[PDB]
There are 2 protein chains.
Amino acid sequence: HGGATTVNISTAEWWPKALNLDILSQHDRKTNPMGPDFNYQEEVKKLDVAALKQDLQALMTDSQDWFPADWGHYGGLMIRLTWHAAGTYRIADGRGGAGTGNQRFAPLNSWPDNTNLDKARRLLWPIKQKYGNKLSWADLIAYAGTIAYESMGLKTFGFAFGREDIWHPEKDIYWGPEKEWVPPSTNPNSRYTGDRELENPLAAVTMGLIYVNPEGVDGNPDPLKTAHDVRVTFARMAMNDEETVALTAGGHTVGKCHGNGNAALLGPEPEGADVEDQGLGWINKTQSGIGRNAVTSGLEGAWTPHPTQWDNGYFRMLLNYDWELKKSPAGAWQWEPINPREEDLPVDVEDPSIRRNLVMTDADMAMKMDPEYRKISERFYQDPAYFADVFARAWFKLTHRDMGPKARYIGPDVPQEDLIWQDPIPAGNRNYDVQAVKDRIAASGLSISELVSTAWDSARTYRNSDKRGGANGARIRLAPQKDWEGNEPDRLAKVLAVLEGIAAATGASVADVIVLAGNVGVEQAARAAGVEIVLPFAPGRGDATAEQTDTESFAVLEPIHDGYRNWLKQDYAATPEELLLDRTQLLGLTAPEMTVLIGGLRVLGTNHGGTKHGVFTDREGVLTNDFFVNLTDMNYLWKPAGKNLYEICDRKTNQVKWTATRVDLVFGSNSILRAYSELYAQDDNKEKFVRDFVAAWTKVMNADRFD
Amino acid sequence: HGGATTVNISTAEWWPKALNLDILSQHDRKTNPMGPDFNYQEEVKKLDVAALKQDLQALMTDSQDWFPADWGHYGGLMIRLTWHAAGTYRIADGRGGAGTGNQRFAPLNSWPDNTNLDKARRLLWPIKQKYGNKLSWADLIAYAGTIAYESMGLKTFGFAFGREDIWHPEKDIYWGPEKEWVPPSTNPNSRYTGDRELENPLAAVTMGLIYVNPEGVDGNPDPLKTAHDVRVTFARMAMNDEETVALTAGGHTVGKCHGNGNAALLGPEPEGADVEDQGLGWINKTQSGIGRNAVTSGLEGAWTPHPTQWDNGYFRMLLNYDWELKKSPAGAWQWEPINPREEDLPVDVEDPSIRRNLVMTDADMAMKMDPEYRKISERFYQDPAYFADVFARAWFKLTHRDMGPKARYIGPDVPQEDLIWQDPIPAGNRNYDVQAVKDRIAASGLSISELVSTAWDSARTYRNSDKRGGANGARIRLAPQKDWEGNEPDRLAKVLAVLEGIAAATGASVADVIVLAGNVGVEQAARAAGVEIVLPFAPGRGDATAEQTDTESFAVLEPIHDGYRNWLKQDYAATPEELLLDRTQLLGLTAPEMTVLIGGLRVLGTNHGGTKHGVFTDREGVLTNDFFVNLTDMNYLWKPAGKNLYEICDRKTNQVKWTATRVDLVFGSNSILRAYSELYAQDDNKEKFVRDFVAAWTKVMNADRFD
Ligand code: HEB
Ligand code: HEB
Ligand SMILES: NNC(=O)c1ccncc1
Ligand SMILES: NNC(=O)c1ccncc1
Ligand code: NA
Ligand code: NA
Ligand code: NA
Ligand code: NA
């Protein structure tokens with residue numbers, strides 16, 4: 001046969017550095033099986049949430065013969081699922097999280113840490129079958145641990161629904177440079193550089209772990225290094241000290257470690273296992289892997305005397321006893337108590353009249369041994385009421401920190417309360433005379449550059465990874481945002497002065513105006529070209545207050561690179577086009593959209609700094625395919641002027657016609673991008689360019705509109 | 001930053017064997033930049049072909065300063081472009097060819113053999129700009145060599161238009177196992193196995209060569225090995241001895257080898273070159289690479305005294321002179337004449353008053369030295385008229401062997417003649433009473449299995465790689481097809497007997513009936529389910545005669561594997577699911593379509609051999625999601641029964657409920673496919689399953705309808 005039917009037969013073997021444009025073309029018609037008028041948001045509403053919880057509760061104690069629930073209670077497992085489902089989230093880029101059901105596809109379905117979560121997912125199947133298209137997996141998975149906590153005795157803070165499902169792995173996510181699973185923090189391709197600093201975009205200490213290692217740093221028990229490790233990793237998943245302790249205690253307040261066997265004797269991870277395993281993994285055909293002779297972490301024992309119940313066991317065991325390293329039966333550093341009481345011994349998973357042992361992971365010990373955590377552990381020990389209130393919030397934050405604003409939240413249990421990390425925003429003045437505001441905007445002595453940049457910049461923060469950022473809420477005017485360099489705070493100030501009063505004058509939100517300012521500016525550059533159109537408009541945006549604005553959090557959204565405005569804050573070690581590709585992907589743009597947006601924003605002179613790189617025109621401020629036209633023109637030759645800069649030179653005359661950056665010239669060099677640049681440079685495609693630029697513009701501006 | 005912005009950051013690093021489903025999801029909305037009501041077939045019609053040739057002719061002698069035409073004539077280069085554009089085609093799978101404009105994207109844009117074709121493509125740009133959306137690149141490229149031949153003095157047989165463009169590389173194509181360019185025919189990953197046999201699906205002797213090596217087999221001049229090499233490679237691109245000679249002589253009757261420099265001193269291939277090279281490649285910044293001090297093959301000299309003119313020079317030089325190995329200035333085995341005449345010396349590319357040398361490649365020598373080719377070379381020497389008629393056809397076959405049937409051909413120069421390799425088919429009886437034929441079909445004592453298999457099998461031959469195969473022409477009834485095992489010739493015979501007379505009785509083509517037979521059978525299994533529908537229908541199919549049917553050619557289409565009917569002729573070394581993925585891709589099916597088609601065809605008992613593997617039903621012959629339902633059901637466990645077989649067993653009882661093949665179980669193991677199988681197993685999706693199966697069924701049946 002002659003197809004390329006295995007995954008490694010790619011064009012990525014000869015040119016490994018080459019741009020990964022495939023990440024822009026994800027989740028398209030052909031991969032998606034749903035109809036095209038399908039819409040989950042409206043379909044989920046129709047779901048009998050009441051009945052659903054009837055059945056999740058049901059299941060938690062319906063032990064299946066093919067994978068026996070510890071003590072007749074899957075509660076433990078189901079929480080871990082949801083923990084690990086959410087564990088992947090990182091604040092740098094917002095990627096990862098419970099938000100997509102990413103865990104039922106590779107790579108995550110086969111991470112060491114996600115061991116046996118394959119079973120959990122399958123245990124849920126029959127429910128997802130019963131409820132069908134009204135209950136995505138992403139949601140079902142996010143609920144499972146939450147109902148589990150209820151059934152085990154915790155009042156949880158609430159729940160939303162409305163996480164749409166995907167149908168393949170998120171190609172856009174970079175999980176770390178490692179080549180094998182769980183390596184030491186020094187190998188040829190280690191993610192640690194310098195002062196043992198975890199390179200600045202990742203949240204786990206090694207590949208295929210969720211947050212940290214349980215045997216301690218690099219397999220080497222040390223409660224106080226571990227402590228440090230925990231503090232950074234959780235911080236990068238947006239959790240603070242209080243939250244972190246609360247979560248760890250809260251998790252380990254139920255359930256068990258499983259390591260009562262020989263790890264190596266387990267089958268291959270689910271992506272490695274063969275068709276007979278029903279797409280599960282880590283199956284053990286040699287000996288029994290169910291119930292009691294079962295291995296998962298390699299660690300063995302339960303943190304509490306009653307692991308199917310919510311109680312204070314975790315700090316009671318941790319603070320009362322003294323603890324000491326020992327080795328699981330599978331052979332793993334764990335901590336056990338030095339001569340405890342039989343009463344405190346969790347019993348056996350099959351036969352309740354056999355007492356087994358207790359454990360602590362190195363990360364559990366970090367809670368006692370670290371001076372800062374210790375202070376919090378004490379607080380929850382003698383104030384359980386607080387512990388449970390804190391934890392229930394943190395679990396709910398954990399499981400929703402990536403759904404973005406409350407516009408998208410759905411179903412009966414949604415905290416009516418506004419959390420600061422829901423980046424809240426008022427509703428906007430729905431209706432009023434738009435055309436009037438356009439009128440007054442046009443009046444001001446305000447250039448198309450000024451208009452369009454500001455509008456662009458309010459909008460450019462958005463990212464689908466976790467649905468933060470956007471035009472909406474006009475957080476651009478507020479701190480910390482109005483002082484960011486890339487955001488040009490002088491230009492900004494000036495524009496807002498105008499637009500704030502025009503918005504005051506009109507009772508249309510600064511946001512709506514900031515946007516409409518862009519819109520106008522486009523239409524002006526377009527008309528001046530000769531095609532006159534009205535850009536569409538979505539009024540209704542609120543104006544979020546600085547109280548409801550966690551400024552420390554918003555730093556991860558600072559633009560320190562924006563190709564669309566030829567902005568680069570430093571010289572980074574990633575190429576400035578790789579950088580753009582990242583940005584573009586997070587906006588949710590396609591490759592062609594990315595292509596037009598450059599072409600247009602160049603010739604409208606939106607270039608940050610009043611720089612004129614990639615402004616291939618005499619007709620600056622006028623929406624034309626001029627960029628694409630001179631880019632593709634071989635009357636010119638391109639010369640490096642060092643460092644993200646080139647000179648465009650006439651071949652005959654040798655004079656320099658313009659300058660440009662890698663961001664600009666990537667569209668004339670890359671074969672797929674030059675396909676698009678050639679398209680728009682065609683004589684017959686000036687209307688296409690302009691219709692097209694505008695659709696894309698519009699798309700970006702309505703990026704965060706969940707209404 | 002945290003995106004996966006370079007190509008090698010994939011899931012294909014941990015599980016290299018894993019199924020490449022990405023090949024099914026190619027050429028989708030997000031990669032495609034055109035509008036959605038765009039349609040090229042109708043848009044090309046509007047093109048001023050007359051003016052186009054005015055300009056191609058124009059260009060052939062408009063030498064550009066940035067890449068100087070040999071003698072003021074690009075003719076040579078432009079032919080080579082089109083040759084190499086078409087060179088990629090292979091008959092095994094139909095993949096490769098001029099048909100898509102695949103050459104302007106990686107990998108082909110950077111093959112060693114395609115060296116400097118990057119310049120050719122760019123030289124054409126301004127024309128493609130001028131004509132815009134009415135002239136795809138795929139067509140423009142296919143024309144360039146054809147107008148070149150005209151302008152140089154050859155009456156070409158004709159031209160079609162209507163090759164749609166792509167916007168990224170055809171991921172489906174496997175070019176060979178090699179890891180470096182042009183290696184020896186023995187390295188760890190060599191494509192040669194056994195008696196130096198080129199493994200049965202590929203048409204070049206090594207990676208990134210078009211057909212064969214010019215320095216001889218493995219760099220080792222031997223006209224008579226080379227000869228053999230040529231004979232097989234060309235045969236695998238569908239050319240016979242007569243055609244092959246004709247083409248080689250015909251090509252080398254104009255143009256030159258360029259090797260007047262230091263090869264190593266050339267820049268990186270276009271995918272390797274940096275943004276400053278304007279997405280060209282092999283640029284030489286150190287010294288001059290234009291005009292005369294120019295390197296391409298490494299060989300140097302011209303095959304004929306007049307290389308810008310069509311003449312008899314090629315055989316005149318080859319047959320009159322005796323020849324001897326020597327070395328280009330770049331250092332390459334070529335053959336030169338032993339003391340020729342100055343008159344016969346092609347002059348210099350810049351200064352016509354300097355005489356240079358002649359060459360022959362080892363493949364040119366193969367024409368003289370091989371006894372069989374020699375006989376043909378003699379024939380063309382003393383009968384130029386014949387040579388040119390033969391060659392013009394072969395060039396036109398070369399450039400159109402992949403466009404499929406003449407339904408798709410467009411524009412003023414199309415040979416009114418029918419060539420046998422256009423797999424011709426009569427027009428069908430457009431209108432007549434369909435419902436009547438349905439009526440009579442239903443009458444016959446003919447099962448849903450019988451109906452649907454036959455209908456499936458007539459249709460299953462189709463492949464988009466080169467648009468051969470399909471329901472149309474009913475070539476299934478004819479030889480060689482009605483004797484293929486997988487095609488079940490008894491069952492077949494029986495059905496046709498019936499359907500032939502029903503078609504005789506009705507004046508609807510056997511093809512239309514064969515299809516409509518399937519259609520009915522579906523509707524019967526569907527109604528019996530309880531959903532009653534009318535499947536759509538495209539009448540109009542002709543019935544091709546066995547005269548207009550090159551039976552040797554049709555062997556490459558024999559189904560020796562069809563998962564959709566659990567058919568496997570042997571035990572191949574590729575996995576039976578990899579095999580399906582290939583088939584599915586060539587049909588043009590998506591992953592979800594692939595998924596339903598299995599689910600349905602199983603339960604309709606279409607399984608080849610009357611086998612019951614993957615027939616998870618009591619209600620055999622009834623269109624239900626039964627397959628998906630029991631597949632996903634964990635009351636069962638799957639046990640290998642050796643060799644593409646498994647037993648589905650009740651966990652409690654240990655009895656065997658059904659059997660199944662890897663093709664069946666791949667949908668319950670693969671994470672992306674089990675996503676789709678779970679979808680269709682949902683309680684709420686029986687109508688979806690059935691609407692969906694039917695759309696897919698329909699798609700397959702109208703696969704070859706270009707009307
Ligand atoms: C929230 C929640 C949570 C959290 C946060 C956590 C956190 C954690 N964790 Fe966890 N875990 C958990 C919850 C949890 N957790 C659970 C539930 C479990 C168990 C369950 C069962 O039973 O399975 C665990 C389990 C577990 C285990 C065991 C596994 C088995 O099965 O065997 C381990 C090793 C761990 C570790 C860990 C670490 C290292 C950390 C850091 C911090 N953990
Ligand atoms: C048809 C057509 C054709 C064909 C078939 C061919 C076939 C061939 N071929 Fe060829 N070629 C050609 C056409 C051709 N051809 C041309 C046209 C040329 C050149 C052009 C120029 O001038 O560049 C060549 C060229 C050539 C060269 C040179 C390159 C440069 O530039 O330097 C070589 C080496 C060759 C080889 C060859 C071989 C080995 C073969 C096998 C067979 N090529
Ligand atoms: N390996 N882990 C288990 O088998 C399990 C854990 C928690 N509840 C039920 C089963
Ligand atoms: N390297 N080949 C050339 O430069 C060329 C060949 C044929 N016509 C024009 C230029
Ligand atoms: Na995310
Ligand atoms: Na407990
Ligand atoms: Na092809
Ligand atoms: Na000639």
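We name chains A, B, ... by the order of the sequence lines, and we start the count at 1 in each one. Whatever order the structure lists them in is the order used to number ligands and atoms, beginning at 1. Side chains are part of it too, since the values below use all heavy atoms of this structure and drop only hydrogens, waters and symmetry mates.
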query: Quick check: which of phosphonoformic acid, fosmidomycin, isoniazid, piperazine is at ligand 4?
result: isoniazid
- prompt: For isoniazid (ligand 4), which chain gives the most heavy-atom pairs within 4.5 Å, and what name does the PDB entry use for it?
  reply: Catalase-peroxidase
message: Hey, which other chains get a heavy atom under 4.0 Å from isoniazid (ligand 4)?
response: B
message: I need the residues around isoniazid (ligand 4) for a figure - heavy-atom cut-off 4.0 Å, please.
response: B:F67, B:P68, B:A69, B:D70, B:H73, B:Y74, B:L77, B:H258, B:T296
message: Got any other ligands or ions under 4.0 Å from isoniazid (ligand 4)?
response: ligand 2 (heme B/C)
message: I'd love to know the UniProt active-site residue of chain B closest to isoniazid (ligand 4) and how far apart they are by heavy atoms, to 1 Å.
response: B:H84, 11 Å
